[PDB]
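Chains: A, B, ... assigned top-down by sequence line. Quick note: numbers on chain A are straight from the PDB entry, i.e. 26-55, in order. Per the PDB entry, chain B residues shown: 21-574, 641-672, in order. Just follow the structure's listing: the first ligand is 1, and inside any ligand the first atom is 1. Header says: electron microscopy, 3.0 Å.
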Amino acid sequence: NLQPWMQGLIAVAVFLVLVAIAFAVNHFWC
Amino acid sequence: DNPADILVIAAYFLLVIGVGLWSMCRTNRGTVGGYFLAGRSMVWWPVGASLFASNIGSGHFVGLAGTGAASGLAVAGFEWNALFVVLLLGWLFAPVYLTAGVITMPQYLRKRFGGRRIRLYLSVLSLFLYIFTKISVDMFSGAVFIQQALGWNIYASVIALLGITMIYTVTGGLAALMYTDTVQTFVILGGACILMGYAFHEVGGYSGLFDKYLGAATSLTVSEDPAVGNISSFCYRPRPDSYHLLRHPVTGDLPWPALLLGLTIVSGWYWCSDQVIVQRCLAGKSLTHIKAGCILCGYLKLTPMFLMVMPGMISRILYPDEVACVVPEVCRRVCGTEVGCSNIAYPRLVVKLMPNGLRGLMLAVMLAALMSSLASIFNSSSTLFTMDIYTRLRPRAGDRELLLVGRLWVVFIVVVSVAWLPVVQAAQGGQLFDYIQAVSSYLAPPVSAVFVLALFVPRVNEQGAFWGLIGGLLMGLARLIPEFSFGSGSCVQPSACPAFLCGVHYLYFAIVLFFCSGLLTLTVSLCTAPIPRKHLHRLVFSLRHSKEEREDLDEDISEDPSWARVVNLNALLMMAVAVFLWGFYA
Ligand SMILES: OC[C@H]1O[C@@H](c2ccc(Cl)c(Cc3ccc(O[C@H]4CCOC4)cc3)c2)[C@H](O)[C@@H](O)[C@@H]1O
Ligand SMILES: *C(=O)CCCCCCCCCCCCCCC
């Protein structure tokens, strides 16, 4: 059973990945 | 009537007038920057409290609670989308609006495109959107709260409410309203938290709520009117998706693609583009303080779920036969409407769950929310009308005259809202809330697209924007006129609109209208004259930091990197928390 506090961590994880890639493109592409 | 409630509301009025006169002693009035921008002397905590207090209102209490009762959690998305777009504002739109030095958004389009018809038409559309989607909300919801909780009369009540708020916004300006919005946000949060605690205690807590809701159906399903008879067992029982925030894309109210995209559009308008919220963000001492206010308002915008949505579900738990009724005559006997009686969730929670001093406190919470929202609308409308119209029509007027112009416009908008009150009283149940989100979805997306392209596409021009706006207006009316004409109803009495019209939820239509208007602007721009670059310094997100001169077709945002790092960091943290809460609630 996939409890809701697991879904919370999954969403936080994908959000953190998105922000990390955004900062990477800022660092390189600006 | 009540010994202690009188003193609690008296102390509330006392704090109100105290902060108001403290700001009067500190106001520094006499300049439009004072009255319409608080002299740009506002810091983080009042900016954030002002954004939250102005957006939060009686509409939020009644609508979120009633929808939670009838449907379930999902409506919380309306609030949580703000938490993202507000950041977009604070990091994309507010800097430009600051480095352009505008007092209004029509002014921004006036000096970014050039001409007198865009500014005029957008000001007029903004005024009508405020009359339809904002003032009607709060008047309707205060009306419901008074009709149930107190019920002595409804016209006199809301008229008196608008009178006090008229005086409030006339005297105040942005400084008074933002400081007293600090105190009002404090009041709203404190009272709502206490009532949430009481409701959780009476149901048994979060677990006690998540257990008993799907079995919270009414028992009386006969409908002695022979037309309806035995009811479907489908509309008097709670939805099996009541506990979920992401409903089905097609066979579900508030479909998740609709929620995300359509609210992003309508809310990009509601925060980044419309004068109320931006003008809250134009009175900022600096950019960093405005960003701090955005994060604060966002963190508070994660709150109205637990304080308005879940309490409505609790109402359905405790009073299913009274809030979850379906039978026309039963609901009419309970409220007066024959469409469901979902709106009575929050008022009956308050009336039957809390003691005398907290009865007074809840009346004060409702009063504070309604007053702050109406004060925001009236001051922002004053800004829009005064600046745009009075300058295009009398371009040489002393500020001792412009102050008078805005002050009197407040009186006029109040009279207009009083005039429109019965047209709002003619809606029943949740119909008004539906209607208003529908109006926004039809009329917002073009404006949303125009601002997106104005800030992020240098190419677009006067023809671009004007024709996108007119095309969006005609497309929106094409659906609004018939759909609003055929009527509205529930499972008991559903109006006979065609499926190809009603079957497409208004948020999907907002996406389509957004894209049609944006495409039309880009088209009619790319086949006409461009606008040179010399006109667009400090008017597009590309040219924020340009120090060179502008041609003026008619600043100095230097945040210290340390506090910049701090505010960036906690903004991202806020988003992380909001995304968590989206995941936790499906
Ligand atoms: O215009 C979108 C923006 O609206 C601002 C706003 C405006 C009016 C109202 Cl009343 C409310 C609360 C509410 C009450 C009852 C509701 O029920 C709906 C759903 C189906 O039934 C009909 C929905 C919302 C929010 C939201 O604060 C901002 O975040 C959004 O961007
Ligand atoms: C450009 O050459 C100037 C005239 C533009 C005529 C063609 C416009 C095409 C627009 C396509 C998108 C329409 C969206 C819905 C509008 C009601």
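The drug or drug candidate found at ligand 1 is empagliflozin.
Here the macromolecule bound to empagliflozin (ligand 1) with the most contacts is known in the PDB entry as Sodium/glucose cotransporter 2. Other chains near empagliflozin (ligand 1) (heavy atoms under 4.0 Å), by letter: B. For empagliflozin (ligand 1), the residues with any heavy atom closer than 4.0 Å are B:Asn75, B:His80, B:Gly83, B:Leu84, B:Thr87, B:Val95, B:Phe98, B:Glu99, B:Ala102, B:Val157, B:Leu274, B:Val286, B:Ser287, B:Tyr290, B:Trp291, B:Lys321, B:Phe453, B:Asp454, B:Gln457, B:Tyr526. Measured between heavy atoms, the transmembrane segments of chain B lying under 4.0 Å from empagliflozin (ligand 1) are, by UniProt's N-terminal count, 2, 3, 4, 7, 8, 11, 13.
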